Q: 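One structure follows; several queries about it will come next.
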Amino acid sequence: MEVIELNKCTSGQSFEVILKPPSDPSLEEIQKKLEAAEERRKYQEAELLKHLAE
Amino acid sequence: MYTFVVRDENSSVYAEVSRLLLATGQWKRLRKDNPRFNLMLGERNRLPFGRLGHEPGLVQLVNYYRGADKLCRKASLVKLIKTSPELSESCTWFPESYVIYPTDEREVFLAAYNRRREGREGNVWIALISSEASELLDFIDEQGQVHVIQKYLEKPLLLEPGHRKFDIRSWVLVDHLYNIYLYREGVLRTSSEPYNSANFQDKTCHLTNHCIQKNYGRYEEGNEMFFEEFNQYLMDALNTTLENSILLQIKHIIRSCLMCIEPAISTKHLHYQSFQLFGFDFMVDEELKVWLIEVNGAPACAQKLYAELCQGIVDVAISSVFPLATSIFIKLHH
Amino acid sequence: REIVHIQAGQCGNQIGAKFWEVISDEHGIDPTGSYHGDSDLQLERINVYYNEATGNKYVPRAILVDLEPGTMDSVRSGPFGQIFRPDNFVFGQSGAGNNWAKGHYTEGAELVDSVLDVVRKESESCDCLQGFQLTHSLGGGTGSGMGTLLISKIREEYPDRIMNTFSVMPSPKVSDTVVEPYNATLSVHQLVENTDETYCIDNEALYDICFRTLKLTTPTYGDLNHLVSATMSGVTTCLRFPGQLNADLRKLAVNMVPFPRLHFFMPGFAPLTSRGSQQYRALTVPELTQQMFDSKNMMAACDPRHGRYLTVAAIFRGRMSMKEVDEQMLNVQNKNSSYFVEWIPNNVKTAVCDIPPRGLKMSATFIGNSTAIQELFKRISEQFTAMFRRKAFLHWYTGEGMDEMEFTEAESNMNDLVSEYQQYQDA
Amino acid sequence: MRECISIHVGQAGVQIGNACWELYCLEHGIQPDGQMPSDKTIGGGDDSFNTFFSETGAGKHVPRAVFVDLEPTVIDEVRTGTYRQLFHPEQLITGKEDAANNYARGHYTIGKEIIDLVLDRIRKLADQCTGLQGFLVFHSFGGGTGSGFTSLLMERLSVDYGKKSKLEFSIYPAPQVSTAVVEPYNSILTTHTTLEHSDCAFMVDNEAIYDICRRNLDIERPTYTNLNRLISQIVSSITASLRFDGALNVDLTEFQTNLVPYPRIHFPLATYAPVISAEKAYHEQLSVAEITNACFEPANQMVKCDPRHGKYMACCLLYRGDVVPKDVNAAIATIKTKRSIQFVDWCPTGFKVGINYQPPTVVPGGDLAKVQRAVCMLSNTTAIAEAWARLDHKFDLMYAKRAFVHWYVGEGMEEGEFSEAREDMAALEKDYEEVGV
Ligand SMILES: Nc1nc2c(ncn2[C@@H]2O[C@H](COP(=O)(O)OP(=O)(O)OP(=O)(O)O)[C@@H](O)[C@H]2O)c(=O)[nH]1
Ligand SMILES: Nc1ncnc2c1ncn2[C@@H]1O[C@H](COP(=O)(O)OP(=O)(O)CP(=O)(O)O)[C@@H](O)[C@H]1O
Ligand SMILES: Nc1nc2c(ncn2[C@@H]2O[C@H](COP(=O)(O)OP(=O)(O)O)[C@@H](O)[C@H]2O)c(=O)[nH]1
Ligand SMILES: O=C1NC(=O)[C@@H](c2cn3c4c(cccc24)CCC3)[C@@H]1c1c[nH]c2ccccc12
Ligand SMILES: [Ca+2]
Ligand SMILES: [Mg+2]
Ligand SMILES: [Mg+2]
């Protein structure tokens, strides 16, 4: 019903129509997560090479 | 070879349906959590509609209409009828009702309670049945959940011999094309003990539930009068038929209720499809005027009518979608 | 992403040479190593299996290994014998005498370093090596014993590379010696730990197919290898040709293997054909789909209805309606959803390649990770136990320094593997 | 004028980026060699299109975009594609080996060795900006790179560019065009890690796009190219306000303002119409009322769901072509009385409307026919949570058996992150539930 905020230009136009009213981690922590996961990889690989060594 | 799953073990209706499907030898039952199904006989609560129609290479159908609960809950039915222009508010076939929350439209209910008292006319209501507003509001707050207060039909049609009360159950099947099918066989769930007008405390002759009644089995087998007998009674005792005096109003009410919610629940252009069996409860006053009491989303059938109805469901709701290698339904046209 | 091929032992080299013979023809490469095709589809991913030299010569990235020169001399004088890099021929003189111990601990240990030098030389040339594929038998000594030794040492030097194997399982129906169940059990123990993907090529299945289906009265190893080379060409299609997914060895492993030890696949193929006999009628897509899923078309003597498919990869080759392929493959899953585990959603994937194999207008290759594969390992385990309970023929192994305990350990781990496959069959 | 940098991660991101930037060029009259005859301010300026295109003294207009894939295959086709001259080498970043459909491999393992390089190449673009708004990030949910590396990038961007907005164009996985069996894992994992870092994300279910191409373009088997050209049209409709003169959604912050009242619930549903086949001989052009009514058909949505059984928080209609406010308002009034459109109680029942008189541009030789008027509706409805429910269910089935989990643990990821991600998703479904019912 109610059309508001009609803005017009050469490219087109825009408006709003209402029908009814109502009723972060740091760089440190990131580098810590990535490196800690790298340690778990290194540990797994070391356990493999140790197993292969046996 | 079609496939289906069962997720409501307590469904007496669809326990018979699953049986009939297997007996064709063209339907195979899968486990509960097998997603590769054609048909889903879904649970009554938290039915995962969101997970339907996303299986490539499978046309999927479910035995429930998402959103049909608005019609099949007492608090919702009142709100639906009162807010929907197609029904509200001069609805002639639904009793005057109000939504009441425990400590809403409580002040609105009392405004009407005054007219009946300051008019010296019938002023009996139902949630328990009482003629005092204070007795009712104290009962709702003592229970806990949301209740509905409704005008009690003080002048119901009474069967003879017995001077008994009754209510009519009609089974309606809405298929995937939203064709509204009325089962030609209904049932009168009668009271055996004579209707008492003064004493509302005795709820055995006021409430006509099959469980409460179980004078059980005196007049007819199991307090259930079918349509052939009830029609014969109307002809002999009132010089009319079931069709003219009652069934036209019934078909009208059913048609009107489901037409109202069609755009909200229709699965016409959906990725999955739905059908559902409803059980409409009607009440007839002494002037042969039909009143809608409510709608049950998960109705049980009468023992005599299981074989015919359940087979009927397969023919028009299932086999219509999944064909295999006169009619018991009345199509309410719209 | 380059693949380094290795073939060890008599069986490994004979199916290995046959594999290169088949796919070279598919990629338009002649024995000289020169390309003479007509489609650019042939050369797009030819780097996966072939090195390129000056003058546009294509040389297989293959290393041929054995402990006796007999079989490898036959390769070098075979049809595509000249295509192989002569320096990649690494062989001993003593042989292995169908002895796992000789291949793994004594005779093979003496030669294994020479092989790894050739592996290293090939790998350093790779822009980005994705992994290795090995062809060998498990019933002999070289392919079984030294083959699993190589795998272990390759893992040590390339622990972040994929190891794939085409492992030929022994069968009394096609048997060389009585000690094959010993060699096989010892090898399975190794494959469980040190491979990501193993195609179980069962000689029992191959024999039955040749006898029952192909109506070959007395099938030879050549007849058996016609089915192998057909299967091998199929399962590697998505690695060798441009596809929708451009599959590699790692992505295959991730999608096929839900649990690390359960990586033993049942291959299947359709249509089943015998050598020489050309078929004139192309199979319809429904026929390809029905046949490839049939037990008669399985290269592993296991009844797929006795288990459940964890994962399935399929490839249709030839000019056909990919829509029809989709419908038929979806139909199989929807008709027999009980033979597919429900706790791995959408565990069946199908691809299509325009280029069909030689002599067929269309074919379908099957790769299944089924729990029914336990029937294979149970069969080997029974034959193992029948001899081991009396310590029969064990002196051939203890004579090479092995102890009885190593046999007991190998037995236990294969029985564990069986029970692991059984665990998910009732999930 | 304020600049926007587009980031394309993984195969899906890159190939969709190609479709979008191709279309952007055609809409603005930019040629493959980067020359734009209509731009009379040689060597620079601050027009609306400069939001996406920077300028060189030679008169070349280059995208403010970075392409990143852990595998060189896909981006190599950009380096040699028809628009090879458009971008310059520093924008196209490639690794050696992909993430192998593994979130952990893309996030932790391989992501760690290239994250610094990418941020450096992004910083170079940001230096050429006078007033950076933020970023538009294109990626898949299912890919190892699209899921893994994206979440890592989005984390660092919130650190390096804390004041900047970040929008997502995400591809929701569909079995019909599956690349991996573990795509549900990757989807849940990347959503959990990216959620707090994304201001507004537009999900596109490949299932929906695939079926729209089959149904409306009569393409039996849609290719990635078919999907992407349709997607680029939707993306273009959404970003048109940033690249053309207007007064609706003129900046990135306004997207969150007009579509996202609740931060966590920042997944608006996109619906587009009309989709018409180019080889359709006879076509009756559709009116404003017909295309607007189509915005409420599930068959036209980027994600298949049922908005009737949810609640709206916001709704934008973006028209392109012969459209005037009068016909829009007439269309809305009719639709309102015919369809179920429930807004949440704490929101006004209304529509923000944007119109561009230029009809949608079609790629020559494409599958889309030229139309006189089109519309894209952006509605923040709780019904899109059906997609999360589907996804979380597939996740639960596999994770109950810890299937394929070892592949992720092997890359250094903890099994606890699976349960942590799934818990965050469980809370998200609850959030939608509270708002919706
Ligand atoms: N719409 C669309 N989806 C795509 C496209 N390419 C890939 N996808 C989807 O993306 C998902 C897989 O992610 P990809 O982008 O292919 O893989 P990635 O991001 O490169 O990650 P990795 O390859 O594993 O390192 C699948 O569900 C595909 O359907 C595309 O061009 N268009
Ligand atoms: N407004 C009214 N006036 C008169 N009688 C009424 C009434 N509302 C209900 N009744 C009587 O009360 C009985 C039970 O009420 P109600 O229908 O709410 O319970 P119910 O849910 O068990 C029916 P169903 O079992 O089919 O769901 C009805 O069968 C009818 O006998
Ligand atoms: N399919 C096939 N199997 C073979 C062939 N040659 C040997 N085998 C099998 O391999 C086992 C013998 O191993 P073999 O390769 O000969 O021993 P090795 O040379 O020391 O590795 C037996 O179980 C045979 O059935 C062959 O040409 N084809
Ligand atoms: O191209 C491909 N890459 C993959 O990872 C394969 C795959 C297996 N599963 C997948 C799943 C999802 C997506 C892709 C794949 C479900 C379970 C198993 C797929 C493939 C289909 N048929 C083949 C024949 C030979 C080699 C590879 C393939
Ligand atoms: Ca300029
Ligand atoms: Mg031999
Ligand atoms: Mg990729």
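Lettering of chains follows the sequences in order, A, B, ..., and the numbering in each one begins at 1. Not the full deposit; the contacts listed refer only to the portion displayed. Every heavy atom of this structure was used, including side-chain atoms; hydrogens, water molecules and symmetry mates were not. Numbering of ligands and ligand atoms starts at 1, following listing order.
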Q: What does the PDB call the drug placed at ligand 4?
A: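 That's tivantinib.
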Q: Just wondering - which macromolecule does tivantinib (ligand 4) hug the most here, in the naming of the PDB entry?
A: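 The largest share of contacts goes to Tubulin beta.
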Q: Any idea which other chains come under 4.0 Å from tivantinib (ligand 4), counting heavy atoms?
A: C, D
Q: Out of curiosity, is C:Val312 lining tivantinib (ligand 4), as in a heavy atom under 4.0 Å away?
A: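 Yes; C:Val312 lies near enough to tivantinib (ligand 4) that a heavy-atom distance drops under 4.0 Å.
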Q: At under 4.0 Å between heavy atoms, is it the side chain or the backbone of C:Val235 that contacts tivantinib (ligand 4), or both, or neither?
A: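 The backbone, only.
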Q: Below 4.0 Å, non-hydrogen atoms only: which portion of C:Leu252 touches tivantinib (ligand 4)? Side chain, backbone, both or neither.
A: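 Both of them.
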Q: Okay, about chain D - what name does the entry use?
A: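 Entry name: Tubulin alpha.
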Q: For tivantinib (ligand 4), note which part of C:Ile367 has a heavy atom under 4.0 Å away: side chain, backbone, both or neither.
A: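 Near tivantinib (ligand 4), C:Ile367 shows its side chain, while the N, CA, C and O stay back.
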Q: How does C:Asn346 reach tivantinib (ligand 4), by side chain, by backbone, by both or by neither, if only non-hydrogen atoms under 4.0 Å count?
A: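 It is the backbone that touches tivantinib (ligand 4); the side chain stays farther off.
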Q: Test of understanding: given a 4.0 Å heavy-atom threshold, classify the contact between C:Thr237 and tivantinib (ligand 4) as side chain, backbone, both, or neither.
A: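 Neither part.
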Q: With a cut-off of 4.0 Å, which atoms of tivantinib (ligand 4) are near a heavy atom of D:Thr179?
A: 13 (C), 14 (C)
Q: Under a 4.0 Å heavy-atom limit, does C:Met256 contact tivantinib (ligand 4) with its side chain, its backbone, both, or neither?
A: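 For C:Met256, the contact with tivantinib (ligand 4) is made by the side chain alone.
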Q: Provide the residues lining tivantinib (ligand 4) within 4.0 Å, heavy atoms only.
A: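 Residues with a heavy atom in range: C:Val235, C:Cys238, C:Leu245, C:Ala247, C:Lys251, C:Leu252, C:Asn255, C:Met256, C:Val312, C:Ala313, C:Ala314, C:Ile315, C:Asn346, C:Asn347, C:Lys349, C:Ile367, D:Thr179, D:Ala180, D:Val181.
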